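The structure appears right after this line, and notes come after that.
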Amino acid sequence: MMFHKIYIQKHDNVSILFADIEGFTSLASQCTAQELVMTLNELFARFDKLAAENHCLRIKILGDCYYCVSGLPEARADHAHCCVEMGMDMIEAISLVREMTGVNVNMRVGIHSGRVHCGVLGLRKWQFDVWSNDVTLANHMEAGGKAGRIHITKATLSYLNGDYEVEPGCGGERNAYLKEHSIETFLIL
Amino acid sequence: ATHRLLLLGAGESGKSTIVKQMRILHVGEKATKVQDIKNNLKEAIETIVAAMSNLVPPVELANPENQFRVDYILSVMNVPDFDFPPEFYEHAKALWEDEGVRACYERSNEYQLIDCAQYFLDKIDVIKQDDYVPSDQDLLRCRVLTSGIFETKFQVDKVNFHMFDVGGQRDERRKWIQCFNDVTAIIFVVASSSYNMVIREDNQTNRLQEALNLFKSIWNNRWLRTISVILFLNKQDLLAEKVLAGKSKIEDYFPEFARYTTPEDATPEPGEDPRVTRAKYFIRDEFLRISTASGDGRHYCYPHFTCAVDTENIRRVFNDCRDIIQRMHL
Amino acid sequence: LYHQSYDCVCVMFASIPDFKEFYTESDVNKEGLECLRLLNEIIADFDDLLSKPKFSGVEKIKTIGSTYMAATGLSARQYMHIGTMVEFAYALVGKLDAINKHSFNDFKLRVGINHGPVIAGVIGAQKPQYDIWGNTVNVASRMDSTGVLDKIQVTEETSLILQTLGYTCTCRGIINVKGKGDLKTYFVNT
Ligand SMILES: Nc1nc2c(ncn2[C@@H]2O[C@H](COP(=O)(O)OP(=O)(O)OP(O)(O)=S)[C@@H](O)[C@H]2O)c(=O)[nH]1
Ligand SMILES: Nc1ncnc2c1ncn2[C@@H]1O[C@H](CO[P@@](=O)(S)OP(=O)(O)OP(=O)(O)O)[C@@H](O)[C@H]1O
Ligand SMILES: C=C[C@@]1(C)CC(=O)[C@]2(O)[C@@]3(C)[C@@H](O)CCC(C)(C)[C@@H]3[C@H](O)[C@H](OC(C)=O)[C@@]2(C)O1
Ligand SMILES: [Cl-]
Ligand SMILES: [Mg+2]
Ligand SMILES: [Mg+2]
Ligand SMILES: [Mn+2]
């Protein structure tokens, strides 16, 4: 074969959640590199624990950006609710850390649902990941999200069956990608 | 059993015409195409007329009366929604019969002109009628640009084929990669009669030289080391017309021709002129010389003399291609 | 597991801006899979570069999207490791050029190199993934996100080190970086 064997597979009907810290670059300028990592370890350890409970598969950490998905690797119709419940636990956990530590950690949460490709790339140092426009969007929902609140798209709301009460997110006016692609956002109560 | 076929080659080499031929032979929308045929007719006339003054030496009209029609044509050149009034067809037809305009057509290799020019200009009366119904040869001659990848499915004797058409122009080539994986065979199309012309993209690089470079770049590609290529030396009709005319000499573009003589294993069509045979085969050997140099045993090259706008020829040639795919268990 | 601190590590963020544009989702390219196949090739040729003896000290940390991130100095007068990170950048460009000649593309690399003290180790609870943290990494990334195509953007302090080793630099001017503020950056001369 002329093309390296590719280790990727497609999966429809899944949910993606993104979480990022506010002014992280700014925060790293104050406390020592040693101390900062502890606050991050304290935070991301709890995060990973809650993930397994809520049936969410953690992907990877891009510095201060944490992301996991629901509906993988085995399909599930409860997927949307899982990610919503995930953020519920996350947002609360962030408060505890900020309270028991003193550091000003605040995070935005973004969710969207659709299809994704997943697997690994390259030869050296494999790390399970996901790729698709639906993932790119989920990432943009985090950018256009609100501190200490759960920002979701209309596609995610359709898989919620009307359990959680929502409100207009106006995500279009906060992020250019959301606007330019005609997206309707919502916020959790 | 399904065969995934990919069509490659430079821009305007006749790839889309091949896929069209598959539709006619193996696989309503005509009214939607009439608008396109009329554009080609307009595009052809405004191009010839606009180049008359920019050549060296410039070409002069045979009738001063026509200078007014020339002005008309240029006046409506860059108009968006052109409704094609009945005057337009009259003016078009008048210029087309002017010797000055016609002599400029002879030197059309000096600028950029579409291939369906002479065909459409010769039947303006037919197209002007509002009850005009495009013949099949009209649909084949119609030129339109390709931007993206188009999939065409069909069957021949209960056998499946998936044809992929792509744009040949430089900027449209970056999309080819999305077909390289799991392809049964490649069909490289070349404009055999474009030895005296230059590519649209820069107005300098020789058309055939671009064909040779692109082919060499395809043959020695890293993701197609075991992919056989069926070579379509297309536009054989125009090649002969040029060779016999005797105005534009091949050895004036490719000096190596002066040393080339017809092989002993050559198969000339009945009645075919020695000069035509020699030229058509010269071009074949230029492409083989490249394919012969490497890839030994891994993949093969199969030359074919083609004329895309000829359903008769295509039926015959594609039947020769179905054979290659089966003999080699592709 | 266990974490560890360092003094002189050289981080590098080599991105390919034009890829996001090239990525499409259609019925022919199999929902964007074909595109991801080419990316796989690119990452592959970048990964097999780590075998070259001259790059014995290079440590690929991971790939973010289509951004290749790696570092030198983790295995430790002595500044040559910084210069090596630059040498690795030129090599990636040689590899990306080859991909262009075969895919009929025009992909270009944007680099961001910086150096300083960082932390190394694993975090969380799920998987044993080695990663590095620190301000040095944050700034290195900015040196890429605000860079220019075909250029290697480096911070001021790095610029001096590279100059002592025999390299030449050019001031890019003062740019206001997110969270950092006014930083004076430089470009490497080839
Ligand atoms: N006389 C003649 N004209 C031909 C022949 N093959 C193609 N043509 C004409 O050449 C023109 C260009 O063909 P076309 O199929 O559009 O090119 P293409 O290779 O698809 O072009 P592109 O989309 O890559 S830009 C058309 O007008 C077509 O009818 C041939 O054998 N003889
Ligand atoms: N090991 C690592 N791997 C990847 N990226 C890392 C990293 N360590 C740090 N980073 C980078 O650290 C940076 C943090 O992200 P923002 O730039 S999102 O910082 P902000 O101030 O919080 O902005 P806000 O989101 O608007 O509030 C990114 O460049 C990460 O790649
Ligand atoms: C490779 C293609 C494509 C489109 C696939 C994709 O969804 C991404 O990988 C995400 C969004 C996605 O994988 C989630 C992580 C991260 C890091 C946020 C990616 C980057 O933004 C990629 O782009 C960059 C800029 O590297 C992007 C957008 O690239
Ligand atoms: Cl051609
Ligand atoms: Mg971040
Ligand atoms: Mg075409
Ligand atoms: Mn952040």
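Labels below follow one simple rule: chain letters A, B, ... track the order of the sequence lines, proteins then strands, and each chain is numbered from 1. Whatever order the structure lists them in is the order used to number ligands and atoms, beginning at 1. Side chains are part of it too, since the values below use all heavy atoms of this structure and drop only hydrogens, waters and symmetry mates.
What binds ligand 3 most in this entry is, by the naming of UniProt, Adenylate cyclase type 5. Found at ligand 3 is the drug forskolin.
Other chains in heavy-atom range of forskolin (under 4.0 Å): A, C. Of the residues that UniProt lists as binding Mg(2+) in chain A, none has a heavy atom under 4.0 Å from forskolin. Per UniProt, most contacting residues of chain A around forskolin lie in the domain Guanylate cyclase 1. The molecule name the entry attaches to chain C is adenylate cyclase, type II. Within 4.0 Å of forskolin, judged by non-hydrogen atoms, the site holds A:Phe18, A:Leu62, A:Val130, A:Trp131, A:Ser132, A:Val135, A:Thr136, A:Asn139, C:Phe19, C:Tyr23, C:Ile64, C:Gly65, C:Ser66.
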